[PDB]
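Caption: flurbiprofen together with Prostaglandin G/H synthase 1, bound form.
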Protein chains: 2
Amino acid sequence: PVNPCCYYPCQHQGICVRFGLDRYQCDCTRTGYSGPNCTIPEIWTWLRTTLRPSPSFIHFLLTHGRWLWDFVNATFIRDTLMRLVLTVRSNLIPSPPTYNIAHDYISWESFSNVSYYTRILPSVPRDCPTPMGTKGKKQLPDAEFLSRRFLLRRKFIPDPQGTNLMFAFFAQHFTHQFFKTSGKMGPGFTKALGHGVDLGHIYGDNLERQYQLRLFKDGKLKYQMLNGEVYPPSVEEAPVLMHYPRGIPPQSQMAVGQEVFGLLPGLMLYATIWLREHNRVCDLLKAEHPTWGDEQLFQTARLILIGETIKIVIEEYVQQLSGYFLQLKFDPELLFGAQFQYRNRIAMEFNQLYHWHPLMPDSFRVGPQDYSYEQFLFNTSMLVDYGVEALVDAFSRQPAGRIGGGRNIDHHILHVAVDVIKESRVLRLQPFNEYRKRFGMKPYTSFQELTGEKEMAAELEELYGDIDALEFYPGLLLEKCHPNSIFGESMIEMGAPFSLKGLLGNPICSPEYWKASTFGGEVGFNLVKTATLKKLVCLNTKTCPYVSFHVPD
Amino acid sequence: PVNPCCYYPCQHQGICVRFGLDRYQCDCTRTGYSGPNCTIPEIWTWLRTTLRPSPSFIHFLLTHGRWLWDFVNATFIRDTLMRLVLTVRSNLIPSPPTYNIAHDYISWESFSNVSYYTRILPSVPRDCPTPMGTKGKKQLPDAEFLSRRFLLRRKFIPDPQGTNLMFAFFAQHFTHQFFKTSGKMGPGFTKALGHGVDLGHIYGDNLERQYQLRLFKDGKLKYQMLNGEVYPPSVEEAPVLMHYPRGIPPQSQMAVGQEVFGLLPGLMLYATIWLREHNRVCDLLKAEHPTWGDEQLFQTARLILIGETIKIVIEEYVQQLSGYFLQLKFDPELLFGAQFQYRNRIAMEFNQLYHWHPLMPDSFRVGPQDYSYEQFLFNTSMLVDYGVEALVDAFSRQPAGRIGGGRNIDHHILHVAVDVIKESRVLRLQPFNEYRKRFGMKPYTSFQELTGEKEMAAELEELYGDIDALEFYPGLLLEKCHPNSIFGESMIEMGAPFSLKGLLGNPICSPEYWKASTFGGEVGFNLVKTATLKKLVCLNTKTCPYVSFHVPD
Ligand SMILES: *[C@@H]1O[C@H](CO)[C@@H](O[C@H]2O[C@H](CO)[C@@H](O[C@@H]3O[C@H](CO[C@@H]4O[C@H](CO[C@@H]5O[C@H](CO)[C@@H](O)[C@H](O)[C@@H]5O)[C@@H](O)[C@H](O)[C@@H]4O)[C@@H](O)[C@H](O)[C@@H]3O)[C@H](O)[C@H]2NC(C)=O)[C@H](O)[C@H]1NC(C)=O
Ligand SMILES: *[C@@H]1O[C@H](CO)[C@@H](O[C@H]2O[C@H](CO)[C@@H](O[C@@H]3O[C@H](CO[C@H]4O[C@H](CO[C@@H]5O[C@H](CO)[C@@H](O)[C@H](O)[C@@H]5O)[C@@H](O)[C@H](O)[C@@H]4O)[C@@H](O)[C@H](O)[C@@H]3O)[C@H](O)[C@H]2NC(C)=O)[C@H](O)[C@H]1NC(C)=O
Ligand SMILES: *[C@@H]1O[C@H](CO)[C@@H](O[C@@H]2O[C@H](CO)[C@@H](O[C@@H]3O[C@H](CO[C@@H]4O[C@H](CO)[C@@H](O)[C@H](O)[C@@H]4O)[C@@H](O)[C@H](O)[C@@H]3O)[C@H](O)[C@H]2NC(C)=O)[C@H](O)[C@H]1NC(C)=O
Ligand SMILES: *[C@@H]1O[C@H](CO)[C@@H](O[C@@H]2O[C@H](CO)[C@@H](O[C@H]3O[C@H](CO[C@@H]4O[C@H](CO)[C@@H](O)[C@H](O)[C@@H]4O)[C@@H](O)[C@H](O)[C@@H]3O)[C@H](O)[C@H]2NC(C)=O)[C@H](O)[C@H]1NC(C)=O
Ligand code: MNH
Ligand code: MNH
Ligand SMILES: *[C@@H]1O[C@H](CO)[C@@H](O[C@H]2O[C@H](CO)[C@@H](O)[C@H](O)[C@H]2NC(C)=O)[C@H](O)[C@H]1NC(C)=O
Ligand SMILES: *[C@@H]1O[C@H](CO)[C@@H](O[C@H]2O[C@H](CO)[C@@H](O)[C@H](O)[C@H]2NC(C)=O)[C@H](O)[C@H]1NC(C)=O
Ligand SMILES: CCCCCCCCO[C@@H]1O[C@H](CO)[C@@H](O)[C@H](O)[C@H]1O
Ligand SMILES: CCCCCCCCO[C@@H]1O[C@H](CO)[C@@H](O)[C@H](O)[C@H]1O
Ligand SMILES: CCCCCCCCO[C@@H]1O[C@H](CO)[C@@H](O)[C@H](O)[C@H]1O
Ligand SMILES: CCCCCCCCO[C@@H]1O[C@H](CO)[C@@H](O)[C@H](O)[C@H]1O
Ligand SMILES: CCCCCCCCO[C@@H]1O[C@H](CO)[C@@H](O)[C@H](O)[C@H]1O
Ligand SMILES: CCCCCCCCO[C@@H]1O[C@H](CO)[C@@H](O)[C@H](O)[C@H]1O
Ligand SMILES: CCCCCCCCO[C@@H]1O[C@H](CO)[C@@H](O)[C@H](O)[C@H]1O
Ligand SMILES: C[C@H](C(=O)O)c1ccc(-c2ccccc2)c(F)c1
Ligand SMILES: C[C@H](C(=O)O)c1ccc(-c2ccccc2)c(F)c1
């Protein structure tokens, strides 16, 4: 008796449940559809899907007609559209969360145990005929071969949207606060229990670590002075676990919230900027509240930095990534009149989707000097040698690589993609086409439709045998990009829901928290409301360099 | 300089914040008022409070005109009113939670660390002139004296609403799943991390314990047979820590989710009933899903019992307690059109308010036998000696004591009340009158108004010196009771918000979870929708005894 749920019979978010020895039933509750397979639409459902323009057409609208968008951005329409974007995208993410690596069904354990990443679609049942369900071959393509053939960079392909390394390192720094897969527990488990923008990559993911990083004076974080500049303290002064190669003296190791940030100067650079910002805010708070103790100063500054982070991510980071002419806006009040849960649980699919390694260049240019990967990775003196401004200027000027399209991952880090594919099979992620449907898109009917070309498509078809066997991550990276864009429609249609839900799902965005008193008053509240990448850097450096998520002109 | 917030200047939920060396500012955001102290109403705010009838009047309407209610209860008006009750009561509880014993302000730590109970009103600042703020004497009345004088029972006072011991033990059993103050960490901390109806008192508050309790076959819980009846297993078979007097061997201990249930036959009675219900549901589930494994059977049965619990608590437990002619209803769908957060955090005030020791009798009667506290407490054989049916019958027949009114706590357990008062001072809970205002009532202007009499009021005035110095717990237990009611209005006006938010705030009540598939299909969903105290007992016992939360007529 072949498990009927292996055919993914239930459509439009209907839930497949096994009944008896060989039957199945689809729970169509609130899907907007009825029938054995949740395929019979109600009137409003049918109209909505019949009138909704394609993701590609909407993408076109949002990236053309600057004159019209400028006009619209200056009106209430900006708010109307931002609210629509927030609600429509977020609603595709279940909240409270549903499944995890252990339970392909709702359970109290999945709801309460936050050491688990959640998941949007249940796993491919273990008893299915093929690894992907019922389609494809008995054995999936070799992960290594797949990576060498379709993901390995031949010649660097710059991002057409002008994205730079300042952006690339921000993305890596930012995402590493909520993606922290546990080596000890295995795939499907995380150590970032905050499951969102808690800034645990600055303050630590646990209390004792936070306490080791804190000065416990004026609400500040410990630090050290080098060349008259402020930097994170060494592991000697802040006895915290850091992942550095054996053989590196403790005095040369910097201690920050995230244990892996010693890996790249680009990561430690952001750790330095944010640490400086935290202490700068502590100073502003104390001037306003001389009676406050160290604890309240520390806690309030953290809330302010969380807000500054979400503000910058929405209005500058996502703005650069989307390429939209619509001026995005971070305003929690846009959701006060809607039904929305202020909670977030990080999905394993979101983790996979965010492996944007193609962004990394062939080498790292700092002024007239060109640094190789061996001169960059784990280099513990470069940040201090050049200082914050110099590195920000260089990273802001160097272009990052295009993410989608294929063949654009530097050989130095290709092994990461190989492991992502291997872990996807351990997590038993459903095929790319099933995720397409889950996020409102039609499944691809062939590999040529996916790639937009013929040679790679033919080889993929040979390897996978069926488009319905194509895996999640490979599909995301091999999909044809939007015209002159950094990646394809799926990265946007699937990634936007996860990202936006994770930003606005934060408790500081709730009516209960979003008030001036939460941030120590008007001064703190305005810091959040007017935060900018430029101010983040320049209010914390001697001089102000070129700073942006876009390469200069 | 005297801390200005010691005067509780900000009204209507405005937040008091210290500015400069001696100033304060009230954050009136979304309170519906403006002005230095949030006292100037907006037009709609003024209308709402002017047309709003008093709690006493509303109570009258709900306990009179049975003929009218009988009509209402059979129409959709029942739903309209239940939704109104749910939303208006729940809106008084902040969500996400705000403060805790360490932070009298919003912070990421308060939001994320669930080992802390939350609190609704901040503590009395440690630097205030008097223990309660600015009113009263420099020293509060001795806790032991206060208890002896006003809380000690002199003559048993039965509850005029007919509440029985079956109800009392349900209340004790039920609340002990979310009130588990940590002896190690101290006041302000809890071990019940589920913060609500997770049934941790049946399955254990931690995974390791749950695993020792589970059979790992058919999704069931371990059990043992005695006199042909099913009971919880022994600690020898289920190696779990249970709090029993030293000298009682593991083979003679019963292992259940909550460590302290061996203390009373009444507690183990419910532990036994729910254990039998769990395994019963597993049988029903397996019949429907023969392909399911032990894990899914166990998790699904747990979800069903959670739903059954909420159903019985709202429609029978709270119904009995309220004495309303309005037929309360548990229907999550009532809130699907409203803005509501599906989460809960247990408040320290809710813990205090739920110390209903007056309910306990002078002795426990089982048929012709009358057992004393010395014979009842920690009795290791009574449950098995009599069996479930006999104890349910006896407890359903014996009257429980009136909660409010004062002087009704049996001397055997008066020490608990003494400790509650002492814990209250450690927690630095604000005065009863501040809580009255926080929950929408006018503060009492004198002790005579509070008690409704002259004798106790006169002595209370002498001891406290000022009505605004009266503490939270004593205030709840000494306030005059509603006509022929089990307690006063404050217990209802303050208790209803916490209780209802805790019941509906459960994730199973969310649109995401409230579906047939969550409970294994229609059979499981109906078990929840039709749950009853009588069925809970009789579908798990040989014979059907008198079972109710009210003594027989
Ligand atoms: C979140 O969710 C994750 C995933 O579930 C949790 O992972 C960890 O917790 C699990 C439970 O502790 C770990 O499971 C392992 O199970 C092994 C097998 O043990 C079996 O259970 C008992 C063992 O007890 C037996 O009897 C006596 C009684 O006193 C006992 O002393 C003795 O040890 C004896 O074995 C028994 O019925 C069986 O025969 C088995 O022994 C354990 O050996 C192992 O130590 C562990 O407990 C799981 O491995 C943990 N780690 C991971 C990554 O899975 C995580 O804890 C959850 N987080 C939270 C906060 O809840
Ligand atoms: C939820 O919230 C509660 C309440 O905060 C929290 O409670 C528990 O956690 C804290 C922090 O771990 C415990 O702290 C206690 O106090 C001291 C900490 O003082 C330190 O001071 C010195 C600094 O240490 C230096 O750093 C070196 C690093 O290598 C170290 O080796 C040396 O010690 C060195 O001196 C030091 O002198 C001292 O030893 C301490 O490190 C602890 O020692 C003490 O044992 C306590 O842990 C709280 O007590 C603890 N429990 C309570 C009830 O407060 C929970 O953990 C939070 N829960 C979660 C999930 O976050
Ligand atoms: C835990 O609970 C169990 C019950 O489940 C306790 O055991 C029971 O104890 C009672 C009294 O201690 C035993 O009483 C039985 O019936 C009569 C009762 O007394 C009669 O009524 C009054 C009281 O004196 C008098 O007017 C009458 O003349 C008459 O004495 C008693 O006399 C019998 O001898 C008989 O024991 C009951 O039998 C017993 N049940 C069992 C199965 O043991 C147990 O003690 C308790 N543990 C603790 C620590 O107290
Ligand atoms: C960690 O990062 C540090 C950067 O802060 C590294 O250091 C710097 O390393 C560079 C490269 O080795 C070093 O370069 C000096 O010498 C260069 C001479 O080479 C010239 O440029 C071209 C390269 O061959 C030729 O075309 C040209 O003819 C000439 O030969 C010169 O270009 C540089 O400007 C510079 O003078 C820097 O001096 C180092 N700076 C410091 C502060 O020491 C360090 O090596 C990294 N650590 C590790 C282990 O890799
Ligand atoms: C020089 C650049 C660079 C290097 C050496 C690099 C290295 C790694 C290594 C090593 C791993 C872990 C792999 C394993 O197999 O266990 C990993 C994981 C990961 N990395 Mn990348 N990474 C980037 C850039 C780099 N990453 C950029 C740019 C981003 C974009 C946001 C990114 C995002 C991720 C994500 C997301 C993970 C997964 C983290 C987790 O699950 O713990 N990264
Ligand atoms: C026979 C009767 C009986 C006994 C011996 C009993 C005893 C105790 C003891 C001892 C403590 C812990 C006190 C301390 O000072 O630390 C405690 C706590 C508590 N009890 Mn009563 N208790 C009841 C009945 C009893 N309780 C009933 C009935 C209820 C009503 C719902 C109730 C509710 C509470 C609550 C609530 C707590 C606090 C739990 C927590 O903070 O851990 N109960
Ligand atoms: C609903 O989904 C099932 C499962 O894929 C579809 O397939 C079933 O019905 C077909 C129609 O006769 C049979 O030919 C298939 O063998 C059978 N497969 C299984 C797994 O039972 C079914 O057609 C779908 N029905 C609708 C109305 O869409
Ligand atoms: C706001 O609340 C405060 C505190 O209850 C009120 O009290 C302050 O002002 C009074 C007016 O003269 C003084 O008599 C009090 O001593 C003073 N107390 C403090 C906190 O310093 C104040 O009157 C209220 N103001 C308004 C506009 O209602
Ligand atoms: C109501 C007015 C409609 C005008 C039709 C606009 C046509 C836009 O056409 C768009 O062109 C893009 C490429 O440039 C494609 O990628 C989109 O899928 C396609 O819809
Ligand atoms: C209310 C929001 C409306 C957004 C619609 C903006 C879409 C911009 O549409 C633009 O209109 C121009 C007309 O001169 C065309 O020339 C451009 O090709 C087209 O992209
Ligand atoms: C013309 C400008 C319109 C701006 C509104 C865009 C926001 C709607 O975004 C929509 O969200 C859906 C669910 O996530 C997706 O399935 C659609 O493809 C996407 O276009
Ligand atoms: C038509 C609407 C008329 C509204 C009349 C406003 C009445 C509320 O009046 C307010 O009462 C408070 C407490 O007594 C005072 O502290 C405020 O200063 C006062 O403005
Ligand atoms: C009885 C008349 C009641 C009128 C209700 C007042 C509505 C709120 O009116 C507001 O008052 C503010 C203070 O000047 C202005 O700044 C706002 O623009 C205005 O909308
Ligand atoms: C829609 C909800 C309506 C609630 C109103 C219920 C109030 C019951 O009101 C009752 O009406 C009786 C009339 O015969 C009087 O005799 C009772 O004294 C009075 O309490
Ligand atoms: C006549 C029937 C009326 C049913 C509506 C009752 C529900 C409203 O309940 C109200 O909740 C408020 C907030 O907790 C309290 O302050 C009010 O005193 C209370 O009556
Ligand atoms: C605003 C816009 C949209 O909703 O279309 C949009 C586009 C892309 C993202 C996005 C952000 C991070 C990873 C992947 C996708 C996003 F979060 C929002
Ligand atoms: C339905 C009614 C109301 O809201 O008035 C009501 C009355 C009393 C309670 C209540 C339940 C447990 C402890 C304290 C109060 C409750 F939860 C609900």
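Every chain is numbered from 1, with letters handed out A, B, ... down the list of sequences. All heavy atoms count here, side chains included; hydrogens, waters and symmetry mates do not. Both ligands and their constituent atoms are indexed starting at 1 by order of listing.
In this structure, the ligands or chains belonging to flurbiprofen are ligands 16 and 17. Other chains having non-hydrogen atoms less than 4.0 Å from flurbiprofen (ligand 16): A. Closer than 4.0 Å to flurbiprofen (ligand 16), one finds no other ligands or ions.
Nearest to atom 7 (C) of flurbiprofen (ligand 16) among the protein's heavy atoms is A/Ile492 CG2, 3.9 Å. For flurbiprofen (ligand 16), the atoms closer than 4.0 angstrom to any heavy atom of A/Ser499 are 11 (C), 12 (C), 17 (F).
Of all atoms in flurbiprofen (ligand 16), numbered sequentially from 1 with element shown, those under 4.0 Å from a heavy atom of A/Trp356 are 12 (C), 13 (C), 14 (C).
The closest protein non-hydrogen atom to atom 9 (C) of flurbiprofen (ligand 16) is A/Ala496 CA, 3.9 Å. Shortest contact from atom 4 (O) of flurbiprofen (ligand 16) to any protein heavy atom: A/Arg89 NE, 2.9 Å.
For chain A, the UniProt transmembrane segments from the N terminus with any heavy atom under 4.0 Å from flurbiprofen (ligand 16) are 4.
Contact annotation for A/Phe487 and flurbiprofen (ligand 16): no heavy atom of the residue comes within less than 4.0 Å of the ligand. Distances from flurbiprofen (ligand 16) to the non-hydrogen atoms of A/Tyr354 include at least one value under 4.0 Å. Residue list (UniProt heme b-binding, chain A, heavy atom under 4.0 Å from flurbiprofen (ligand 16)): empty.
Lab note: closest UniProt active-site residue in chain A to flurbiprofen (ligand 16), heavy-atom distance to 1 Å, was A/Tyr354, 3 Å.
The atoms of flurbiprofen (ligand 16) that sit less than 4.0 Å from any heavy atom of A/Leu321 are 10 (C), 11 (C), 12 (C). Among A/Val318, A/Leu84, A/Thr175, A/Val85, the residue whose heavy atom lies nearest to atom 6 (C) of flurbiprofen (ligand 16) is A/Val318.
Under a 4.0 Å criterion applied to the non-hydrogen atoms of A/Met491, flurbiprofen (ligand 16) contributes the atoms 14 (C), 15 (C). Contacts of A/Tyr324 with flurbiprofen (ligand 16), taken as heavy-atom pairs under 4.0 Å, involve the side chain alone. For flurbiprofen (ligand 16), the residues with any heavy atom closer than 4.0 Å are A/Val85, A/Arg89, A/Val318, A/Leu321, A/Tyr324, A/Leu328, A/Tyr354, A/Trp356, A/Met491, A/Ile492, A/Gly495, A/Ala496, A/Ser499, A/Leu500.
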